[PDB]
K.L.:
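Have a look at this one before I ask anything.
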Amino acid sequence: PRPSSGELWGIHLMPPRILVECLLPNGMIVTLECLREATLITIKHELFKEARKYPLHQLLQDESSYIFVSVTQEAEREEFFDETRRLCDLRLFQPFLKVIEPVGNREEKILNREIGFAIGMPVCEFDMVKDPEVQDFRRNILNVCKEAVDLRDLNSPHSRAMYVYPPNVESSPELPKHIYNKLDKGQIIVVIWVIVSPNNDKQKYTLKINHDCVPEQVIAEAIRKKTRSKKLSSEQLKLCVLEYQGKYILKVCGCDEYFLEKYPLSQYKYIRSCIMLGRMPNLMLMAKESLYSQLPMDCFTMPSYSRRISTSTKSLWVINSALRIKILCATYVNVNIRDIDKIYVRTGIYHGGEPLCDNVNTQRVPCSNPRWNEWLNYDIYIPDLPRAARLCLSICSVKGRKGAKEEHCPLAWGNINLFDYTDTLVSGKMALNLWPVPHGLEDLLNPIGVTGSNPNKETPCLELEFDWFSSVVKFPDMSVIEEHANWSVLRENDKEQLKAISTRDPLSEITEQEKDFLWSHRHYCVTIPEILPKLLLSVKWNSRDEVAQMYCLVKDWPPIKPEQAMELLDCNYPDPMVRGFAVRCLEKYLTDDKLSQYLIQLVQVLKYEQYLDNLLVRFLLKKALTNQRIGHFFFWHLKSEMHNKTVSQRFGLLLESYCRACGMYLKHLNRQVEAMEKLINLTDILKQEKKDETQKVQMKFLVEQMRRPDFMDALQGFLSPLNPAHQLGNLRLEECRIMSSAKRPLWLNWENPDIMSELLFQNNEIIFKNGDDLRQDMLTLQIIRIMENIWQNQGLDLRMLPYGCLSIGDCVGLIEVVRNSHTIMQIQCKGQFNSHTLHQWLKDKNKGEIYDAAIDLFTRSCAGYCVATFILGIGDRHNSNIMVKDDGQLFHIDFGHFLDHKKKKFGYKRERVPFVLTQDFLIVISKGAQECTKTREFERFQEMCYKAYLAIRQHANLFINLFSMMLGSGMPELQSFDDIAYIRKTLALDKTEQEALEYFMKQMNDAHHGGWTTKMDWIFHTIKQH
Amino acid sequence: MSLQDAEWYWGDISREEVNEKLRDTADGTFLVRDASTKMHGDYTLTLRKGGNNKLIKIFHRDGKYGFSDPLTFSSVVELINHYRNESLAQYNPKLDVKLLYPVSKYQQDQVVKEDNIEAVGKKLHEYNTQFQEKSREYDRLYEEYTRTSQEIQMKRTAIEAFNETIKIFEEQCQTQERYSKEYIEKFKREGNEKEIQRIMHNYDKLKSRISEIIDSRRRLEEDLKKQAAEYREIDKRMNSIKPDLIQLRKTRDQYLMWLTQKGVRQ
Ligand SMILES: Cc1nc(NC(=O)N2CCC[C@H]2C(N)=O)sc1-c1ccnc(C(C)(C)C(F)(F)F)c1
Ligand code: NA
């Protein structure tokens, strides 16, 4: 069970010397012994020296007339134009090299290799593919690439700098009052640093300015304090300020983060963090030119595939027939003939998750002979088919053994668009290679699943035939549809109910009464534009009459909040107008801040798109190519899934266009990818060949490898995939180690090459982990961050710690290390532990005046995690998965389960309190009081929890939407809307807000065995006490 | 008449639970439950129509219950039986799917045989013990399935790579054949024998190399066939276990419900 992924096929690491077969242009073969780290310049030179000793030498040209070609592990024949590359880095399949004369388009060949390296797949594979939709995509998407690249060079250099180093800022300038009150008379002390010539001295100027100062104003203020010792006319002065105000730019000390834009200073996330923490902002001033010289020149070439030659019509609505589809035969199934009775094919016609008529089975036939030749009739009229209609099918097994009870299991599934991307109604025979059933999915179909034939061709193959109308049939154009709507043709009680329906959450039950009510009042519905998702679900999508009408409404519909618009991109809203509308909202109202925040989900709903080419993908790609911070994560989220064959054609096509237009960042991404690939190889050796060996032996092997020159080259001097603003310099080899945990994670440390790194970010410490699926943690951490943000904006300072977590591949990832923090178990194990050990530890770490602050920080942190883990239903906490910083911040690690996971395997219907505050925590919060729940401190902590809970509940739409967009994501714990039903329970969405709080209090009491009281009367919830 | 004793009145079960019971059922299948609002006296009717579960609110005010504006029915059981004989056309002009097949709770209490709380508790233990064991095995199988799927993908790529490699060594033969043909002819005429042998020696070296690579591919082709067979066998095993596992959970899940049922309640 051990095939190897490494420097060669079947070998992880080339031995220090290796024999390499060289094929000369004259036909001769020469075996050369090479150093595994030797470059191609060296190897070629040695080869041609040696080739003098072999027959037909005279027919060989100058060694500079040739390059090497060979077969790589991806089975591509690859020409090596860059001869500085080391042999061990070539990814050869076998150790041989062929000498050729370089031909063809050299720059394009080189670019394509760089692209293929980034995305994990040779781009020649794309040139192969026959599907019209694919080639159309690769061509048309180039429009988006050119649009962005032009919009980049427009304003140069500034617009190019804005692309590379975007403003990292909050979505609004407005300051919550807990933030504002931290300001001294609405003003902030900032320290501005300059590196002064010749000797690069660091000089410190301290300024007190208005929080809303534009960075240009901050620079003028520094100019004022600088030239103030010198006295001069206030006219020459502010002429001196004016003229030189824009000769400089500001940067954060320690990481590459810039303020290039006239946003208020407190709006930049770094400054806003400094304020809330009472930390000194430290900025570095530098000349605008020394930055704009750093900027690479990005140039975009049209690829050769944009230069190549390529290859009776009736309306859908004139076709008078019922829907009819033929199941012919399946090639094979894997079934145990003795354990199942018969097999058959389930089908359904779906718009989104909803059937447009009831499902239809073929007849049951023996396992051994999967043949039907059955025309299945559906109850719908072909003209009544909506544009997004899909065919959803499965081959199922049926076992009839126990009484009249049967067991139906899906063997394989597939989905088909009833219209293709040219709006052609599908017809004729069709062959569909099917897909494995997703782990945990018990339903006989999988309508959420992607459309299209499984690219693996040894799979069950199901032959179909659709009907033929003796013409090519197209979906009616918009002019036609628009017309048909015009061909169709209390109030205070109604208005209130309408609003009241619109205030509910997405997954709220909508009755048939309410759908008719909604549909009837649909024209007045425009007065409350955010009711749209609910009105859309009231529509009957199997009637062309109602859809045509709904289309005319959408055309003129007022935009809605992105947080709302995003629901329209989930798997429940397949219609191309509807999604278009949703995307135009994001275009108008979605800040880059929110786009970064929600990027995980927006990428995921791309899996739900019926076609490669759509408004959503164009918008995202465009954003990714005009903002490099968005571009970075855009790339890593797509690349991390490229192993998954359901999405890999789509994502690879998207990754190709992105890598063509992204510019010089491609060189940086490739350095990151190369660094991760050495970490994957290294940890694979540890987990495979070295799996039975001691830590000491393994630590000797890790050290000896990391000193290797090819390893140093690759792991030093690149940007961190967790935060590309963090530069990873030289390794600190002495702090690198294999952690004791089961999957053998690596603890890594890098110098921060930043000249100012002492002020902030002196260490970059990262855990590289191979073998666990990090997608669930990553989501959870993201949800925690979105929660923290919600609370801040309400003036609730609950300090969460959503540490960096990034999935880069199949079960491989990076975790950002939190400094100066230990687990509760680690704490108890130093300084014999009673319940008071923790509070004693926290005391020893904060002595004197700073003691109170540490308690305050531990209390707030505590509150936040108590509330969040309740709501999300995180896996149960213990002393190993809870951590505490020396200054008292508490946070959770290792989430790895959430929602309804426990109910599935234990069948208990309950809401857990995952984080139960043991006496140890109550002691800390109470500052060591004897009776901990009776202190005013603990009342304070309760009110925090209460506030935090209702804030999230008020935002329930957002969270529910975010989870809904993950349904097709492959996360076993979130497979359908039932998994999301959990947070509807913990947030008590079907109750009143006051009822919900009562419920939350009750959960806390049941879990903590009393001690959660109320400052309110039972009846009105009004302040009684104090 | 007794609504509590009604066959299709299921009380406080969640929407999800009703979904499970209505899963893939024929049109006309219905049950009534408490509203999700839990407001004491509102109930929600759930009707199966056209592959979809409808939700129909049952309005409770004064003395009478109903769908539409004119509360025409004095009790819940009145309404359901008066929609059980007829179509649904008088709630709405459209529809008219009636109410046909109910969901009974009594065929479900069939499956727990035992009366006392001790026998039920003992069987719950047994099922739940079997359940965690079978789950663990199905998960082990699914990892093996996954691992194997990947390894097969690796090997397929590696056979392709062998193909490309072999072509290239075969082209080298052909290239050698073209050049060396004219040289050995002329060389013979110039009487140099051991230079000819050097060319033939390199040609032997090339051809035996080709034989190695082809046989190494041959072996990998064998390994793939074997694994492809194991992968299908792991797929077979999973397809037997899966349906039995679902039914096992459903049994356990209602023994737990039964155990709750006669047992002290709030
Ligand atoms: C965010 C974070 N920060 C840390 N910091 C320290 O461990 N420190 C900090 C200094 C000493 C040392 C310690 N506590 O002894 S660990 C950590 C983390 C988060 C999530 N999972 C993990 C592991 C180890 C389970 C994983 F996944 F990598 F295997 C670690
Ligand atoms: Na430094």
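A note on names: the letters A, B, ... follow the listed sequences, proteins ahead of strands, and every chain is numbered from 1. The analysis underlying the following values was restricted to heavy atoms, covering all of them including side chains, and did not include hydrogens, waters or symmetry mates. Order of listing sets the numbers, starting from 1, for every ligand and every atom in it.
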K.L.:
In this deposited structure, which macromolecule lies in greatest contact with ligand 1, as labelled in UniProt?
P.N.:
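Most contacts go to Phosphatidylinositol 4,5-bisphosphate 3-kinase catalytic subunit alpha isoform.
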K.L.:
At ligand 1, which drug is present?
P.N.:
alpelisib
K.L.:
Write down the other chains that contact alpelisib with heavy atoms under 4.0 Å.
P.N.:
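Heavy atoms from other chains: A.
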K.L.:
Could you tell me which UniProt domain of chain A does most of the contacting with alpelisib?
P.N.:
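UniProt calls that domain PI3K/PI4K catalytic.
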K.L.:
Take atom 23 (C) of alpelisib and look for protein heavy atoms under 4.0 Å from it; say yes if you find one, no if not.
P.N.:
no
K.L.:
Out of A:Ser880, A:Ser821, A:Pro745, A:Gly813, who is nearest to atom 9 (C) of alpelisib when you count heavy atoms only?
P.N.:
A:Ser821
K.L.:
Please work out, at 4.0 Å between heavy atoms, whether the side chain, the backbone, both, or neither of A:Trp747 comes within that distance of alpelisib.
P.N.:
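Just the side chain.
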K.L.:
Numbering the atoms of alpelisib from 1, which are under 4.0 Å from a heavy atom of A:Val818?
P.N.:
1 (C), 2 (C), 3 (N), 4 (C), 5 (N), 9 (C)
K.L.:
Identify the binding-site residues of alpelisib at 4.0 Å, heavy atoms only.
P.N.:
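Residues with a heavy atom in range: A:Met739, A:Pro745, A:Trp747, A:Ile767, A:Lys769, A:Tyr803, A:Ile815, A:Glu816, A:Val817, A:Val818, A:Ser821, A:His822, A:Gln826, A:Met883, A:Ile893.
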